Structures are given as structure tokens and as C-alpha cells.
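Next up: a structure with alogliptin.
All chains are named by letter (A, B, ...) in the order of the sequence lines, taking the proteins before the strands, and each is independently numbered beginning at 1. Note that these values count all heavy atoms, side chains included, but never hydrogens, waters or copies made by symmetry. Note that ligands are numbered from 1 as they come in the structure, with each ligand's atoms numbered from 1 the same way.
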Amino acid sequence: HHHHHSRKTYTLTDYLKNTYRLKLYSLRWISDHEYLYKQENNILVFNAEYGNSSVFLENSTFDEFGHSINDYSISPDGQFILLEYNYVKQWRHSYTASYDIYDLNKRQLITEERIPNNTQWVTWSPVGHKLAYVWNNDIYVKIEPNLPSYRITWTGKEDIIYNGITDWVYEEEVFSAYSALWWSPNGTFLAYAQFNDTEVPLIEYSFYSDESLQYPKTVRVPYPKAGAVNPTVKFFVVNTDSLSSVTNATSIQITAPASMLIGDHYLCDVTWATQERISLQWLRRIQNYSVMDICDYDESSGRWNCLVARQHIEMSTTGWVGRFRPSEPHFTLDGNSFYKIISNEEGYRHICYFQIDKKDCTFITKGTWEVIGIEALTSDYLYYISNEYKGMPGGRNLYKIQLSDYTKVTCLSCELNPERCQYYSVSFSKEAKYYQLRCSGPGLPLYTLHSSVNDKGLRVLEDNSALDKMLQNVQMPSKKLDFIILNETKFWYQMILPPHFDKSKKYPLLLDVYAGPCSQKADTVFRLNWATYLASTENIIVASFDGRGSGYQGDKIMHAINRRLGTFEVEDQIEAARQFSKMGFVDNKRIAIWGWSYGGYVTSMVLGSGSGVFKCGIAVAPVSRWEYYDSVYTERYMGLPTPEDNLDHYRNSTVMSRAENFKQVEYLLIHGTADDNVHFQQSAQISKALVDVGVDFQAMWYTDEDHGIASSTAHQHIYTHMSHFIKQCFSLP
Amino acid sequence: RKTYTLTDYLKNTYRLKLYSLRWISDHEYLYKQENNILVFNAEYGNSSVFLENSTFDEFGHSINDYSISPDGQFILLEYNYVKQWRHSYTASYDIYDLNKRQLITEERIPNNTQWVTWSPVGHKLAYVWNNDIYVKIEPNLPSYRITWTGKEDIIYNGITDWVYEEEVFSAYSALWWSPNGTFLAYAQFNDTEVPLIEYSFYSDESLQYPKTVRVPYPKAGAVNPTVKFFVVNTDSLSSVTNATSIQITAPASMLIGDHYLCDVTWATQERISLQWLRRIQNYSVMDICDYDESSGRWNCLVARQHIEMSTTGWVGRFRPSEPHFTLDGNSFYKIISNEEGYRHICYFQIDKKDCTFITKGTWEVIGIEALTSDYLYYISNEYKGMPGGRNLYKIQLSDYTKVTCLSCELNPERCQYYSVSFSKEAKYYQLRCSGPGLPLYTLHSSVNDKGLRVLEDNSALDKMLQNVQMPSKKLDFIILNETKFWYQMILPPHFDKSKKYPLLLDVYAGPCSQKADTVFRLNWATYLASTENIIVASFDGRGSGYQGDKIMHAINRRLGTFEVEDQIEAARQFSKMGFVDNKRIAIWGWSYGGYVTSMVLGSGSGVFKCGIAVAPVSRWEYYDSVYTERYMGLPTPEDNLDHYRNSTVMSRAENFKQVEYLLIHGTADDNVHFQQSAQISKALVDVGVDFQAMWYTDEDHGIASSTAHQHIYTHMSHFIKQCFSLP
Ligand SMILES: *[C@@H]1O[C@H](CO)[C@@H](O[C@@H]2O[C@H](CO)[C@@H](O)[C@H](O)[C@H]2NC(C)=O)[C@H](O)[C@H]1NC(C)=O
Ligand SMILES: Cn1c(=O)cc(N2CCC[C@@H](N)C2)n(Cc2ccccc2C#N)c1=O
Ligand SMILES: Cn1c(=O)cc(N2CCC[C@@H](N)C2)n(Cc2ccccc2C#N)c1=O
């Protein structure tokens, strides 16, 4: 006699075997009215207005191909499909692959002049079917799919010269992409960055590979640690229409402004404005100063000209520029002005409207909230995501502002489903006539289609009802999203609360931490994760706290840890736990902390703080000292580890110096051996320091795993392993 | 009423006193009385301060070690010691003139010297620096450069490369002076095509970017170093012309393929013996090479080659034994296995193939220790048929049936494990008894074999151990298939056989291993037995040594089979003993023992709850050629590839679901590469096995840093205690 009461919990196996699956609705806009979607491996084309679909491309087309196709890409004109196979992952975004081109009209594979194996990047022009690809660090262009390539660059050299692709740090920390190729709107010009790593030092580490490898391999990666010599960058633009088979291509260099060339600098943004106008943003190595160049194409010269009167300066007195880099501009059609997120006089990030020839911009939004991103720009409206609604920094809604009247702002997503939907992102059609809304929480994910004409809902794309159905009799956790006042400042936290939560009880608590610069761990997003299992099955509250340094709440909070990582952010996680225990439903004796990456650093710094608050903790791929980590991320917040700059705090903020204090806690330290991002080195130095003061701890290396510890088997193993560690620390049987 | 704690073991609360002497002549030896160096008269037992503590107060450096020249005119002082591999290191050197009481300051031994050796008589000095050999006739005079080919990681003159150091000579030096020092013989190793093991070295926290260590290291079936052998006449060295080094080429039977130089032994002033081993180590040849005056060359008569081979295994225990030549060098004695497969002393004439065995029986000679004109002195395990006992015997050369046990009856209850140190001409010997009681060091005179005196009786420790509840040791055998197999147990204090104790099986089980013996040890096992009331057992199964080839060769070509099964069976036999908790049996080992532990835990026997593998081999292709191939042959389709593939711990990953595993490894292990454990962990992850792990940053095979040593044992103790439900 169960009486249909929910007696199921969300278990670890549920998480690891993916029993309860979030359905997505992933589309690709090809026009201003149609999109593509995979139904049952068939590519269906969808008419956005009527909802009717036809099979665009059947799954039973490339079976004869003889290869497993990883992905595809259709040319803007709908005439060719790029088939991506032999995918081999490199870093977070980089990979190599083989490519074939299928003629969608002739219905045949192109067999002449095929894109080579081991291609590093491939991209169609934004219109028609021109191809640019990078192979062996050089850029090639095909005007037609079956025609010989034109080689654009002749200088590419493995690990040294990168043409059209980023090196390690630029991929990870600047562009969040491997691509460094930018086609102009109508595909006339192909702009590209060239990176130079000649004197960048190499991180070297063992890769053991399949057990059949007799001798381990040494992987060597140009990787600049804090203060080390950085890659240099050049920028070019080539006219693809004046290419020739008898003469080499002329790439016109756009040099960085003089303000940048006087020291180490970065290219931090490339954005085409018009057919013949490009904007470049450059960044000083000390990342409080950036210059946007705006460069026009001179017809008679065939060259590019950045008038110093169109240079725009963005700088910060309180910190670095932008959230992680200076924001991207959104140009009006004539390219004579643009909209950009910058922080205002109060430190809040808002949309500023700039004329191309004017220093002072006007802010079109304002308030004690922040604009997250500019999503679309038409001649009448600008569409943007912000956390204004209900003054919740961890919410996200789409708004549109009338360009001719800034007092006329409408929220497009706010009232659609207020209880289920408080975290939206958006996908606009080619000229913003339609948009897909994607709501991520706090309810189950919800994908809907809309016409921007009168903002009416067209249809529900995915409502996750099959999962809703599965979860009916599961004892699921809830989320509490709220704030505490500390030094008259709101600080947000979330708690994943076990089912049938009772404030009379004392629960064990796991502090799930990131706490890196511009991090946000308290939000309205619905997640099915390890925290879900721990609350649902193990009755642990999993809490996260956004303290000083956290993002989306202004620079006063964000810039608070400037030049000072390993301080207030660490301090606020500890204080959070004090506050959490003070709420009366937390077991003071069973409070734990864990994090990955920056969160691993904070976990390690907290556990070594001597606070006495935390019983135990798990650091996964943590930073241990800032000199070990990459220059662009680290120097953004820390400056240079030189005696003239910030070496003292580089030295004061290592986890190693806190080793003695680990005698008070139970510690699990986890690192993948092939971690190219935070090097295994970092945890190897933690372990050695812990051994040297005689502190016992738990450790787990993951052979050949990288920063993600993302292999199917390793993912399952680490979470199983951490689960045992937490259950044991909490005396859970 | 106190027990022997982990801290006791870790902090060496209870020391075993040694009596380390180094003989200086046929009746004098040096002893390091703490700060001082004393010369002791072996005759009278009296001492004078040979070298004071504050003599080198003004030195300004920390002296690692000293070394007196044979004639006693000069002392070599060693400092700036930097360990390399197990035997190899670098050091700075000064020579101190004992006749004058001052440091030599001209033509000094360079910094970063790889090896130094005095000639056997007088004060000539040979040394190796930047892989080349230099000789100093006088300590203050310019050194003569012998070799000009030395090159880091590539050409090694007078020093060994990684594999020869670890697996062949158990030493860094490859320099051999003739008895009166006229000739300097040396080997030359060439690692040109030997592939490099590469691993990360993290170093001090201040190192921004890790270093890649790269070491020429042949894994099983890879390209080996090649070896050449040379002899130089140090008496006719010129300061004008280059030294002429006369090559002795390996025999024709060795030059046919890959081979090793495995032994160098001078017979006389002008006769050197060389032993060479084929890469397939079941065939070796001794060369007897004579100096020719009219030639200036060395001649090795083919009719003087002595072959030593094996049909059931490899040659020697770990390598063919060394010959002990008579004074004229026309005959020699060496240990070889007889027709029953037992290792015994055979007497050879230089010019004939047949030798005569001078010892016989179902026990083995461990080593020849000295030969005089009238007696041959050897150590063996004949006494009471105990392969784990060790005694010194003398065989009357004029009559082989006249064998006297010199140590058997000295203190039969306290002392069953002897080693010995004879004086220059064997006039005296020091006996070292390692157990079963507290170690006892005694001086004797060989003319009448009487005891001169007790040197160190370890009474200071005895008085301390009075207060502690100390564990006992049982050494005994079980019968498996009509064969004795020996085991030892470290039993908790006040052992009650009506009580059930958790058991930990301490394993080595490598070929020629012996873990059951009469030696007194203060170790981790001592603490586990004394404080934790855990029985710690070791078992010598098939593959184990000192019991003949039938047992030792049992695992030939078949590593990870019979010696794995025998540890399992031993544990089954220990459970049938009635005082063992069959719910709490664990297994652990280091190196080969890590391999066997892992193999046992992945066997699916169900016998073991848990275990710890420290720096284990995981598959034989990852380990060095010399050791691995000795037993496994080559990992090729036409040799032993199939068993190489069959004998991995990775292939057993699925069975680790039944046990609790701790896998431990130093990241800078040049010997058993971290790779080996990294492959185990990956295989366990791939089948969804949860286990426990620990890397030791920058630690090598020994995991021997004071702090790492303490951390590993503390970590293992918590693991065993948790496995055993011990609070
Ligand atoms: C061995 O090493 C030490 C240190 O490198 C040498 O001593 C130094 O010699 C240099 C010569 O350039 C002087 O500048 C220093 O005054 C010396 N410093 C120390 C620490 O003593 C030494 O000379 C080297 N060679 C030998 C054979 O002694
Ligand atoms: C938890 N988390 C994340 O989820 C994502 C992060 N980032 C933020 C910066 C851009 C990328 N490198 C990803 N970071 C920043 C970071 C700090 C220190 C060491 C490693 C990383 C990384 N990847 C991060 O900490
Ligand atoms: C326990 N133990 C020892 O105590 C000594 C060992 N040896 C025996 C052979 C000569 C040296 N390499 C030392 N070996 C052999 C060995 C087998 C497999 C992997 C590593 C080693 C090592 N050092 C050994 O296992």
C-alpha cells in the first residue's frame, strides 16, 4: 500500500546513465523564415509561420558514404552541404576533421579538389557558397566547391605560426573559438588574425594513450603562463574576388593603433560593420585599456584605413575591461553608428549608443541591473537579454527597446510563463522576423517560436512533457534562490533542497563553488546534475553563493577582487556557510565544499584557510598558484607577477602556503593527467606541499583526461568516486 | 605495556645499531665512531683517532663520504652529493695529503664527477667526468684523459647507463683496476638508438613550467645499448700522446646477435676474465684474456672459453656468478647449478671444459666469500635444510668432505642469518648476524676460527624493547605437491591461536625472491602486528630463490602465472590454520610485489578483501629489457608475445569489482614508470571499478623522501585499518 506517493528518488545511476533526459530543440536559421532540425536523423526544413515541415535531407543519403558523419553545414545559398567526418578533438573548441562537399542539386559528392584530411577549420561565406578553410596552419579559399583552392597564406607552421586559427590561449581565453577567420557580410573580403608563438614557452606532459603504446608520448603546447612571453598577433584582410591562379593573394595588414603597439597587446574583437567597413578591438596586456579601431576600405588603394578620429577607447579605473573581454559592437545598417554593452557611471553594464565619429555615447538602458547581451538589431528595435525582471541577477529575459524612444521598452519573455520560465535565451532568424525562445528554468525547459512582428507565440517547439511525465512520482529536489544582506549589499545564493525539506532538521551541506571573476552560481536554471542526486537521494543541501567578484550585479561586486584573487571571494564562501548554518537547518558538523577549476582553487583556499567551518572538500582540476595558469585569464585579474606589479599577491595567494591548515579537514584532490588547461602540475604541487607538512588526504588522477574529465567512463568514475567521499565525510551509509 | 607504533617505525624510535667497518689492511679496519674516524687494530681491539671530527671544520662544505687510498697516503673527500639512479650520483671531490695535513689545490678532480676510484694498491686515481675516463698517477699532478668519446645520454665510458646500472652491475662504475693497478679495464656503453622514457618533473613550487626528464631506457623488445670493452696500461701514459686503449671484443658466439657484458673479473696482473650474456639470457660465455708483451694486446684463447648455459631458464640467479681465481689464475671456483638444479661451487681449470663440483646437496651456495691457498669460504643455506637461513662455511681445498660450519653453532637461537667481511688476506673476519634475534657483530681470526670479540651486540636496543609489546616471527613451510614452500608470519604480541586475526600478505614473488627468512626487521609489518594485531605473512612460491632451479625456473617465460597462484594458495592455506579471519585477508607489495598483488586482486579468487600495489609493473612490455627478457623472452610473435599480452593487470580490470584497491606510484619513477599505474587506473575506470589511488609528486621507485616515506605508510595504514574495520 504505497498509495501512489512518490517513493523514487533521483539516483546517481539516473545521473550517470541519463535516465531523465532534457529534450532540446536545436535549429539552424537558413533564411528569415525557415530553419533546419533533426527529427529522426532526417534533416527537416521548417517553415516558421505555418509549422509545416518537409524532409530537407533523409538520413538514408550518406549511408553509402562509408564514413561516420560528425556534423554537417549547408551553404547560405542552399546549394551545397559540407559533411564533417574523422573528427578528432584538440582543445575546448579546436579539432581537425575530414570534409566532403555534396552538391544538393546534382545530388553527388564532389570528388575533384576535395578539402584535405586534417583540416583545422572550414567556413562558408555568409552568402553564396565560397569556402575558406585552414589546413596545416594556412588559409585556403575555394570560390567553387569542385575547383582548385587558392592558398592565401604560406607562413603557417605547426605550434609557431597560426593563420586563420587561434593558438591555445586565444582559443581558450579570447575568442572561445578555434576560428580566426571573418568573412565580410557579402563574402567579398576574408579577414583573419595571424598568431605567432615563436617564443611562447611549452607546457610538456605525458600522454600514455592506448595500453599498446610502449613509450609514453610527450605532448608539447605553446602555452603562456602568467608573466611569460605571449603570442603576438597580426591582422589581415584579403579581397577574395581579386584572387588569381597565376599570382599570390595580397593580404592587406591592419596594424594595431600606436597606443597598443607600445607594449604587449591582444586582438580581442573582430566585427564587420558593412561590406567595406570592419571594427577591430585591441587590448593592452594590462587589460584595463582597449581601443576599438574602425577601418574603411579605400577603393583606389585596395587598402584599409582606420581613421584615428573613429578610434574609440574603453578603459576601467576599477578593474579590467568587459566581463571577460570588451563587448562586441552591433552596427546599424549604414555602419555609421553602433550599440555596445559598456559599464556606466554606477558600474552597471548597459547598452551605449555610439556615433562612429563621436567620443561620448548615450546610454539607452540604465538601472541597478545589467544587460547580458545584445541579441538582434533592426532599424526600429534592439533586442537584448537582461536580468532586470524582479531585480533578480540570476534571471534572464528578452526585452526590446524602441530605437527612437528609449522609454519604450517591452519585455518579450517575462510574462510568457512566469512560474516555469525565468531564464531565457534567444535565436533570431536571419533578419529577426522570427525568434525561438529557450527557457531553461526554474521549471522544465521550454522552447517556443515567435513572430517579432507583433510578438505573438507561433507554437510550442518542445515542452518536455515526456520528462514531466517521468518525474511525476520522483521525489525531486526544489531550488531556493534568494539573497543575504552583508555590508548593506545583496548577495545571492541558491540551495538545492532535498524533497520534503524540513527546517526543523539539520541537513549536511555541500557548498558547490566557482566564485571566479564574473561567475554566477545562483540562477533560475533547472539542472539535472550531481547536486540533484545528492539532495534527492542523499538528503544533502547543495548550496552555491555569489559573493564579491561574481558577475552581472555591477562592477562594485565584480571588480572587488581586482589584483586580489584568493581573497574576498574565498572569504565570502566561508561567510556564506556561516550564514547558511545560522539559518537553522544546517548541520555545523557536516559542511563540505567542492569545485572544479576556479572553484577547485577556492575549495582548496577555503579548506586551507583554518576557518574550522568545513569538515571536508573536493578540488577537481584546481589552480594552485596563479603563476601556473595562462597569461590572458590570470593577468586580467592579477596583473603581472613582477616586483613592480603584483608578485607579492601572486605569492600570497597559493594553496601550497596553506598546506599546514589542511590538518583540520578531509581533502580529495582530483586531476586529469592530460589537462592542457590547468596543468596536472598544479595539483602535483598541492600534493607535494601536503606531503611535506605530513597531511593525509585523498587523491585521484585520471589518466589522459583533460580539464573536462569528460570521457563517458571517467565522468561516471569521478562522480561515483566523489559521491563515496561525500557520503563518507557525511556518515551517510 | 606500550606497542611498537607507526610513529616508532616512521621516526626510528628503536634503532638497530650496525658495526660498519672497512678493512684497511690484513689486520686493520676503519670505524666511524660518530664524529670521528678510528683505526682499529683487529689484533688487540684498541683504537687511535685516525681522522678527527674538526679536521675539516675549515672545509666549509658538508662531507658526504670519505675514501682512503690503499697505501694510506691520501684521503679522498666527497661532497656536493647529488643522487641520480639507484647507484649513480654526482659529487665534488678534494684530495687531502695525510703525510702533510693539507688539501691538494692544484689539478683538482672536477665538480660533477660521476665516479672516482683509487687503484687497488698505492694512490693512482681513476675518475669519470662528462662520460669520459681520466687517470691521476699522483693526486696533485695533471690527469691523463683516456677517452674522448663520452657524450651525455649516449656514450658512457667507465660508467653504466640506466639498464646496466639497475639490472647488470648494480653499480654506476664500469672501471676495473688490475690487482696491482697497472691496468685500467673499462666498459663503454652506447645508447644512441635506445628510446627515451620521458616524464614530467615538477620540481620546487618556484618552477613555472615542469621539466621533461628524458632517459635512454630500453623497454622489453626495444633497441638495447651496445657494449665495448677496453683495457689501458696506466704505467705508460704519456702527457704528449693520447692513451692507447686496447679493445677486447666479445666472443664470436656473442657477436652473432644482441648481447651484454655481465661480469668483469681480474685473475692476475695480466689475465682478465669477461663474461658475456646473449640477449636471450640462457647462454653465456666466459673469456679468459691474457696480456701479450710483444703485442701490447690482449688475447682470449677460444679454447679457454667457458660456456654457462641453461635449458630450463636463464643463467645465474640474476646474472652468471663471478669466478674466484686461485693465485696463479690457472683455476677458479664459481657457483653454477648442478645437474639436480641446485647452485653449488664448481672448480674449473683454465684450460679445460669440465669442472668438478666441490659442494653438493639439496640446498644452495649463496656466495663464495674468500679463497685462500688452503680453504674456500662460502655462505649457504644448508643448515637445518632452511633455505632462509645463512651460514658461513669453509671447505678444505685438499679434501672436499672436510667442511666446517663457522657460524652455525655460535648462538644457534639468536643467529641463523650470517654475512661476513674478511680482511685483505682473510686473516680475520667480521661476522654479521641479522637474525632471528637482534643483530650481532663479532670479530674472528681465521687461523683458529676463535672469536676475538663482540663488536656490537645491540644491548641498548634490547633494553628498550623490554618495555614494548613486540611481535614474534614464525618461519615454517607448507607442502604443495610434495614440495616444501616456506612462509613467515609476523605474529601480534601475546598471540592467541583460538582467536581470529586479520591477515596481510606481504608479497614480492619475483624470480629468485625470498620473503621467508630468519632476518630480524623493524618495519611497517612490525607496527601492524604490534599495534594493529594484524598478522603479516610472506610466502615463497614457485619462482622464489635459493631452493634450486626446479622452483626458481618454474615461472620461466610465464611471469604472472604460478607465483601469482601460489600467493593465493598460500592465503588459502593460512585460512585453514584456524587463527586467520577469512573475511579480512589483504595483500600488498612494491615493484614485482605490486604486480603480483594486482594480479592476485584481479584474479577473482575471492580470497582477498583488499590490497595495495606500490609502483607495480602492469605489463611486461613497459618494463626494462634486461630484467623482463631474462624471464619473459622477447615480446614477438615468434617468441613470447602471446604471454606478454596474457600477463597484464589491465586484462583483469573487471575482477577488481570484487576487491578494494589502493594504487600508489611516484611520478618521477625512472624504474617502474608512472605509465604502468596510469594504464591500470585507466583500465579500471573503463570498466567502472572504483578504487583508491595516490601519486607521489617527483618521487621515484623508492618513494624515499623523508616526507613521502612517512606519508605513503600513514596512507597505507589508514587503508588497511579501514579495510579491516580497525578504529
Ligand atoms: C666547483 O664548484 C664551485 C661552485 O661553482 C666552484 O667555486 C666557485 O668558483 C668560482 C669560479 O668562477 C668563484 O667565482 C667562486 O668564488 C667559487 N664559489 C664557491 C661556492 O666556492 C669551484 O671552484 C668549482 N671547481 C672546483 C674543482 O673546485
Ligand atoms: C568553473 N569555470 C568554468 O566553468 C569556466 C571557466 N572559464 C571562464 C573563462 C573562459 C574559459 N577558460 C572558461 N572557468 C575559469 C577558469 C579559471 C581557472 C582555471 C581554469 C578555468 C577554466 N576553464 C571556470 O573556473
Ligand atoms: C621488490 N623488488 C626488489 O626489492 C628489488 C628488485 N630488484 C631485483 C633486480 C635488480 C634490481 N632492479 C632490484 N625487484 C625487481 C623488480 C621487478 C619489477 C619491477 C621493478 C623491480 C625493481 N626494483 C623487486 O621487485
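Mapped onto the model, all copies of alogliptin cover ligands 2 and 3. Of the chains near alogliptin (ligand 2), the one making the most contacts is recorded in UniProt as Dipeptidyl peptidase 4 soluble form.
Other chains with a heavy-atom distance under 4.0 Å to alogliptin (ligand 2) are given as A. Counting the atoms of alogliptin (ligand 2) from 1 in the order shown, those under 4.0 Å from a heavy atom of A:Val623 are 18 (C), 19 (C). Considering backbone and side-chain atoms together, A:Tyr629 places no N or O closer than 3.5 Å to any N or O of alogliptin (ligand 2). Proximity annotation for atom 15 (C) of alogliptin (ligand 2): of A:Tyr637, A:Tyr628, A:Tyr633, A:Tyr633 comes nearest, heavy atoms only. The nearest heavy-atom contact from the protein to atom 11 (C) of alogliptin (ligand 2) is A:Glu172 OE2, 3.1 Å. The source organism of chain A, per the PDB record, is Homo sapiens.
This entry records no covalent bond between alogliptin (ligand 2) and any chain. The protein heavy atom nearest to atom 9 (C) of alogliptin (ligand 2) is A:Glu173 OE1, 3.7 Å. Using a 4.0 Å cut-off to heavy atoms of A:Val678, the atoms of alogliptin (ligand 2) that qualify are 19 (C), 20 (C). Ranking the protein heavy atoms by distance from atom 8 (C) of alogliptin (ligand 2) puts A:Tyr514 OH, 3.7 Å first. Rounded to 1 Å, the minimal heavy-atom contact between alogliptin (ligand 2) and the UniProt active-site residues of chain A is with A:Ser597, 3 Å.
Nearest non-hydrogen protein atom to atom 23 (N) of alogliptin (ligand 2) is A:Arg92 NH2, 3.0 Å. Within alogliptin (ligand 2), the atoms closer than 4.0 Å to a non-hydrogen atom of A:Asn677 are 23 (N), numbered from 1 in the order shown. Applying a cut-off of 4.0 Å to heavy atoms, one finds the binding site of alogliptin (ligand 2) to be A:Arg92, A:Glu172, A:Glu173, A:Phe324, A:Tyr514, A:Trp596, A:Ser597, A:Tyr598, A:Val623, A:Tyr629, A:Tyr633, A:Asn677, A:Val678, A:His707.
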